[PDB]
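This entry carries chlorpromazine.
Order of the sequence lines sets the chain letters (A, B, ...), proteins ahead of strands, with each chain counted from 1. Hydrogens, waters and symmetry mates play no part in the numbers below; they use all other heavy atoms, side chains included. When a ligand or atom number is given, it counts from 1 through the structure's own listing order.
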Number of protein chains: 2
Amino acid sequence: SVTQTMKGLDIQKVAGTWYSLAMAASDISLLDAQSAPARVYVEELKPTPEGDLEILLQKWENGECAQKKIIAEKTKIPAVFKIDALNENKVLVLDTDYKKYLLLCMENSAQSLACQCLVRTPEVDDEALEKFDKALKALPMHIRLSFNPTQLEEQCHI
Amino acid sequence: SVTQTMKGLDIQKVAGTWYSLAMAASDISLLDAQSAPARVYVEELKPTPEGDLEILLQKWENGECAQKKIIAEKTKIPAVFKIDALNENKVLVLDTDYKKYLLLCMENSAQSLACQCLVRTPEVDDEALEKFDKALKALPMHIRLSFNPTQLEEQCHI
Ligand SMILES: CN(C)CCCN1c2ccccc2Sc2ccc(Cl)cc21
Ligand SMILES: CN(C)CCCN1c2ccccc2Sc2ccc(Cl)cc21
């Protein structure tokens with residue numbers, strides 16, 4: 001369903017600070033409410049020395065903006081990670097230059113699909129957004145969002 | 001702010017049945033909740049004989065999906081209509097071929113801006129969506145939505 005992975009991914013090199021500039025999802029209800037399931041705001045990507053990928057992120061739960069840490073285990077494919085939860089959830093890195101931008105998707109085999117355009121600073125990278133839009137033409141997305149520099153510096157983008 | 005109007009608009013010819021295929025807005029909160037302010041689902045456009053434009057639409061209010069009728073008065077500019085309410089609200093027709101598609105925007109001078117891609121049938125017109133996307137490149141939109149043929153036939157797109 002996501003036929004776009006980064007060739008030659010060096011995962012150690014995605015470590016550190018990231019900003020969820022834009023999001024997009026297969027279904028409107030995955031992103032429309034602040035508490036919508038795919039509305040996760042990346043804080044930080046932390047590769048483990050064994051090539052697993054730890055994602056630190058914020059999520060609006062009930063009232064507060066909550067901190068969450070989730071581990072995405074490595075696979076044979078360098079650009080694909082698994083969170084064995086209620087379903088097979090895969091994290092796929094589509095593309096990155098390591099230092100400005102990183103596109104990735106999360107897909108639950110059930111059909112549910114959300115992708116993000118991550119950037120290193122709180123700025124609108126119009127180039128990174130072009131690349132994001134190009135990889136989404138291929139996908140059955142029905143909601144897209146984008147954040148301004150002010151919202152990027154707030155918790156949960158409020 | 002919207003520098004894209006249809007040249008040579010014949011307003012009588014937009015009359016009758018329409019479907020809100022896609023929406024997009026300047027701010028996420030204009031479209032994110034089902035009760036979000038710019039989340040209006042067009043039923044029908046009815047030109048009056050004096051060249052005023054009556055919009056019949058559905059809006060999710062409190063619980064139910066409500067019917068609403070609003071009149072947009074004519075101006076010197078054939079493609080621009082006004083709803084004199086709490087602010088100057090203008091309805092602008094950007095483009096149409098009358099028989100498949102119509103792009104229009106609603107703007108409140110305050111900054112608040114929502115645009116829609118209307119189509120005549122419940123079908124995904126990939127061409128009409130391309131034209132919609134081309135007119136939005138020019139605008140400071142931060143949320144976009146799109147509906148499937150099943151949702152187009154439900155009240156309020158549920
Ligand atoms: C509770 N939330 C931290 C995890 C669920 C949200 N989500 C997600 C987000 C960040 C990292 C991995 C995932 S797995 C996934 C697969 C499909 C969809 Cl649609 C969303 C997600
Ligand atoms: C109560 N709702 C029927 C009218 C308000 C929603 N809305 C709108 C929708 C359909 C026809 C005209 C308008 S004026 C307008 C201007 C700016 C924005 Cl952002 C939204 C709107």
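Per UniProt, the macromolecule in most contact with chlorpromazine (ligand 2) is Beta-lactoglobulin. Other chains within a heavy-atom distance below 4.0 Å of chlorpromazine (ligand 2) are, by letter, B. Nearest to atom 11 (C) of chlorpromazine (ligand 2) among the protein's heavy atoms is B:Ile70 CD1, 3.1 Å. Of all atoms in chlorpromazine (ligand 2), numbered sequentially from 1 with element shown, those under 4.0 Å from a heavy atom of B:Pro37 are 6 (C). For atom 1 (C) of chlorpromazine (ligand 2), the closest non-hydrogen atom of the protein is B:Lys68 CE, 4.1 Å. Among all non-hydrogen protein atoms, the one lying nearest atom 8 (C) of chlorpromazine (ligand 2) is B:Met106 SD, 3.8 Å.
Those atoms of chlorpromazine (ligand 2) that come under 4.0 Å of a heavy atom in B:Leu57, given as number and element, are 3 (C), 10 (C). From the protein, the heavy atom lying nearest to atom 16 (C) of chlorpromazine (ligand 2) is B:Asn89 ND2, 2.9 Å. Shortest contact from atom 14 (S) of chlorpromazine (ligand 2) to any protein heavy atom: B:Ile83 CD1, 3.8 Å. Organism of origin for chain B, per the PDB: Bos taurus. For atom 3 (C) of chlorpromazine (ligand 2), a protein heavy-atom neighbour is found at a distance under 4.0 Å.
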